[PDB]
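Read the structure below first, then the notes.
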Amino acid sequence: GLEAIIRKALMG
Amino acid sequence: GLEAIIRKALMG
Amino acid sequence: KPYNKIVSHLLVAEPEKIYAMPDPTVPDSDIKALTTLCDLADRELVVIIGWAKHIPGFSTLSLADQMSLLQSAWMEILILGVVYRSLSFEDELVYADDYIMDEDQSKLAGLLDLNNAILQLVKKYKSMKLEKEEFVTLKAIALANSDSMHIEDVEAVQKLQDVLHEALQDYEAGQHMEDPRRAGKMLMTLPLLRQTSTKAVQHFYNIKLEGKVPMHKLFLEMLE
Amino acid sequence: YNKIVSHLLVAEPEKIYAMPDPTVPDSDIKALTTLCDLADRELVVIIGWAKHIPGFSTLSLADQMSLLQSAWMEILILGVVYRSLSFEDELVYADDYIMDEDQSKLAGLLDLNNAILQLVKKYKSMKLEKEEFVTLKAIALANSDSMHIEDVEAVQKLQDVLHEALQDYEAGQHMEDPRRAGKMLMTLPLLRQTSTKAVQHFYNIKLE
Amino acid sequence: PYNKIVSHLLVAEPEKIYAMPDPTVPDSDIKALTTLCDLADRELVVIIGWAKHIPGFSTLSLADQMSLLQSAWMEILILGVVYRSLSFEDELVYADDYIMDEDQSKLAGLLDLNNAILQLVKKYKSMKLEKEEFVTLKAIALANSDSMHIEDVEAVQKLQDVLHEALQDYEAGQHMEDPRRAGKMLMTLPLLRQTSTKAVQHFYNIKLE
Amino acid sequence: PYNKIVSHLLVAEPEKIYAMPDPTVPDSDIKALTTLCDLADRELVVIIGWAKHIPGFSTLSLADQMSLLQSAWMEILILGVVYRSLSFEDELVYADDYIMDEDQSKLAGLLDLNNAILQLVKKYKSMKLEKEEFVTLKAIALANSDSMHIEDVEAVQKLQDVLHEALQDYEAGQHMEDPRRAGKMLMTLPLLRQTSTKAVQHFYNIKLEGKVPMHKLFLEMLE
Ligand SMILES: CC/C(=C(\c1ccc(O)cc1)c1ccc(OCCN(C)C)cc1)c1ccccc1
Ligand SMILES: CC/C(=C(\c1ccc(O)cc1)c1ccc(OCCN(C)C)cc1)c1ccccc1
Ligand SMILES: CC/C(=C(\c1ccc(O)cc1)c1ccc(OCCN(C)C)cc1)c1ccccc1
Ligand SMILES: CC/C(=C(\c1ccc(O)cc1)c1ccc(OCCN(C)C)cc1)c1ccccc1
């Protein structure tokens, strides 16, 4: 994803 | 001109 | 005699080695090489992000700005990672300890241009004898200095660049008195990293639409 | 005739159908959609087919993938070329999907289908026979000139064995033309030429 | 103080070039482009002549002088416009007689590319970029243009330092109040390179349009 | 003894042609390319005269002679450099005074395209290809160049057939150990076409990039 990975990884 | 050249030749 | 507190912090935050871990069952081919780098990249990103939080200033920034810096510099940070790991090698690229690509393997994966460009970064830092302290600080600056067109707090990002820059210039002042211009020399490598990153990001999207990838996996599936 | 030509005759896959959706109005998209769906399903039987070529299965997987990765479009186009032989200015992609000049225009495929017809035109003149078509298909897989071959000698051998089969077939069944085998092998450049057009045309209209 | 190498670059600086947009041709896409092409074309000539006046440049091999120029040229154009645009708001000054705002850049289809060019303007504005720094930075970009086939690498590296040392000494004297001003200046090149590459690609892309 | 056509072609074979690289010009991408375009242009001319000697080829219409040439020119040029390179390792002899190794192929931006030609060298090296087979193969590559604009199809097939016969006959006489040699030879054309097509593309492709007319103005200015 990239967007998905960055997002998921920052989130939690 | 590729075509040109070829024509020019078969003339001379 | 004592180091810079931020540089020292950056060294302890430096992530452990990550392994490529190629599938031995899959026959050697272009797609394997790609497939293997994609999954590597994806695990590296997850730690790269984890790493970002440890950079001082970063976590204080809004979640949108954190996102936006990572969104711009990820590929520069990945690429600058392989480059460092590659320093004491000749014409080979250490993507991981279990994944080193020499010329031949690059010819097989169609990354001959791409890796040659990455070797250009390796050649230069080899010349300067780039040191870990410098690598980790440069990674931080690549991130801070990532020129995202979408920043909220411009002054805060600048303040992040100024801090990290100051740590480089201080390490380079204490550890390299013989070169009063070493920090700038280091900073003058950034553009090649930028150029190279963009190349990479291009190549990658350029082969999704040239979707050879799933075709390969399907051949192997039927044939095996 | 020959043990290898017979073996290829029986390995020939059964017909496959395009089954276009009749509810979907005719257009550029549908044509390209239907032809993608057909190639995909042909490719599955094509892959199964290569395993039944004599010698293919003894090469390394890397080599087998390589040759197919190289040859797949040539084997597809050669297929439509053969099914099209008893037709005039028309391409039989499947019994239930036959493209004429008008339909070819609407798909944006006039230049490409034209080139495919140029192959049909050649083979029509020679009176290409099923045994020749299937041996030639075989050869196209094996003479595919990939850069990353692992066993050049084994792949060379597969070429030689399949050639010898074409040779012997034309020697026994077509003695009246001592050069028919060579004639056949000379149609391959146009195949590879046209096969490249199609592959490049496909990745072109991916972007578009 | 006074710095030898900057003072020479200051007098090496070219004279104002004018876009002379054709008033007979009706406002359009092609027009804007036909003008910028001829503008860039005319600019390059004095950019090459300019390059010779850079200390050390002319002692490089013709092969290297070319390579550096074959690499850098767009960067030198773009920095050019960036500078002329510093005292303006959301407008780009390709010349005194050709100034582009958002709505003109919409018509030429250069919105994305000019907006990028404005990101560079926006930055240098913050820093209060001065002509002494503009000229020295143009020089540096040419020297640090990262060409793949340099004949003499050492000579090109030494050129890089001489220019770098000039920036460094200038900033040490004129801007002691910020001990990192020079570094800050060098840290703006990656954007200039990024933007340079887009322009090139954009140019070669539209050679089909 | 020998086949008459084959013999005819060996004497038809043009003399060597030199690249004549300008020594004053500094070595670069555009030099290479400059040098090869001039070379090609001159070889074209002798390739055109050469075809006249091919038996049959003069008896075609002028339109057909032109069509075959327009289709096969890059294939002949390449089969040329390929034959000239057989005796060499990883090097391409474009002419005796112009020889590209891996290093120079990189300078010129020809690495991908040169390796493809070296792929053709490798194959013919393996089959210890001979001048008799080279000259006849150029004739066949021209006759069998698959142009869409042909006026007289029968006439062009008849030229393929005669040239094919000459090859078979030569292989029958000179290579009796390998009764498949002729076909093997014929089985290398698909690569010649593929490779030719790359060459052609790459060229129209760098006419757009127009860094050559740049480099020329840089040359003039910097001096
Ligand atoms: C050049 C090596 C590389 C990647 C890479 C670089 C350094 C590293 O440590 C690991 C990998 C690479 C490969 C794929 C990639 O895709 C990421 C997409 N994910 C995020 C969904 C990114 C980099 C690559 C980039 C583009 C195309 C092909 C390969
Ligand atoms: C020539 C018709 C054709 C295809 C075709 C050829 C022979 C045949 O028997 C059946 C179809 C075609 C179309 C698409 C294609 O891609 C399939 C691969 N997947 C990954 C989409 C292959 C062939 C085609 C190819 C490219 C663009 C447009 C049309
Ligand atoms: C973005 C402005 C620009 C050019 C430009 C930039 C700064 C400047 O001071 C003057 C012009 C531009 C336009 C064309 C160009 O091509 C020159 C190459 N010759 C061979 C025509 C270079 C820059 C341009 C670049 C690409 C496409 C469209 C416009
Ligand atoms: C592969 C070398 C080559 C040419 C070449 C090949 C063999 C040979 O013996 C001599 C030259 C080449 C270059 C240009 C070219 O067209 C000339 C332009 N005229 C015809 C307008 C043809 C071949 C070439 C072709 C395309 C792009 C770049 C280089």
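To find a chain, count down the sequence lines: A is the first, B the second, and so on, and within it residues start at 1. Numbering of ligands and ligand atoms starts at 1, following listing order.
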So what drug did they put at ligand 3? 4-hydroxytamoxifen
Which macromolecule does 4-hydroxytamoxifen (ligand 3) make the most contacts with, named the way UniProt names it? Estrogen-related receptor gamma
I'm curious which other chains are hanging around 4-hydroxytamoxifen (ligand 3) with a heavy atom under 4.0 Å away - can you tell me? E, F
Help me out: what species does this PDB entry assign to chain E? Homo sapiens
Of all UniProt domains in chain E, which one holds the largest number of residues in contact with 4-hydroxytamoxifen (ligand 3)? NR LBD
Binding site of 4-hydroxytamoxifen (ligand 3): which residues fall under 4.0 Å, heavy atoms only? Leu33(E), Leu36(E), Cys37(E), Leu39(E), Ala40(E), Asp41(E), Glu43(E), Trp73(E), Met74(E), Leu77(E), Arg84(E), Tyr94(E), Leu110(E), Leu113(E), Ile117(E), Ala199(E), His202(E), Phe203(E), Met214(F)
